*Asks:* 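Quick one: the structure is below, and I'll ask about it shortly.
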Amino acid sequence: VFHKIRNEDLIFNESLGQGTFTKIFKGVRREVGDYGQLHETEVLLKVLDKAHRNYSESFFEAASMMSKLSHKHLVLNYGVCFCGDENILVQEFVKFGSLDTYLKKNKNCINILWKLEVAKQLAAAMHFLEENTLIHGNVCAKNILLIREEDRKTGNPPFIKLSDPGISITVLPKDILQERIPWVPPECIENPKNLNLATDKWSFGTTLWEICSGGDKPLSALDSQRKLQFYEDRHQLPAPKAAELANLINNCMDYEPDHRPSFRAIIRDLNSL
Ligand SMILES: O=C(Nc1c[nH]nc1-c1nc2cc(CN3CCOCC3)ccc2[nH]1)NC1CC1
């Protein structure tokens, strides 16, 4: 599965900032629907950096994976454009953007039932991938996207969706993998080729730390080299100020790779609170 979209059917509107070796843009895809009616659609346009064109293989292996999947809490991928010289991904556009900047903007206005439901939606998608023995590899708060904000008056919850895996950590330089600590599991630092279903659970715990602290970045004050010793010393994550979900964060972030519980178990612990 690898749909192709013509460059003449994609318009580029506003930029949305840089990213992990990519550049983000809002745009419109003009497609022809039934009865001969053109059907414009707001889309997300993820352009790979031309300077890093060597990562085009994993850049497209990420799109081929998400185009095969249909889940409520997964960002849909419409296709791929070879728009001129650049390689571009076309995805479902979410209105409210990244979750990490949403937690930081409304840090004191986010109830704990809000964070609990968001964690349920994220754990739902991770259970779907685990059920279908699929590995994500880049589960972080910056990749989580909010399509609907909380509306207690209507009774509908907030709605989050996880984006594409992006560039796999197996092909990233050792310089860049150490700077991703503690999102990269400890076993992947000593051996980048140890990608596993258990590696996502570690990132799920690190992401649960982000939402529980309100957008704060763990180990941000530490440089790349001190992060490397953080793992060798077997240090655990300092519990956030709220200190609610911190008990579950420690279980998901266990240094033994096979001790990480399944997401069917995690879904139970979130409903038991
Ligand atoms: O895949 C990603 N994002 C998206 C996939 N589909 N749609 C998006 C996306 N959509 C975005 C939309 C905005 C617009 N603002 C959001 C909050 O403040 C008001 C408007 C900003 C960034 C956005 N990213 N990665 C994120 C950029 C690093």
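Along the sequence shown, residues are numbered consecutively beginning with 1. Both counts, for ligands and for their atoms, begin at 1 and track the order of listing.
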*Asks:* Quick one: what's ligand 1 bound to in this structure? I mean the chain with the most contacts, named like the PDB entry names it.
*Replies:* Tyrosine-protein kinase
*Asks:* Mind telling me what drug shows up at ligand 1?
*Replies:*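 That would be AT9283.
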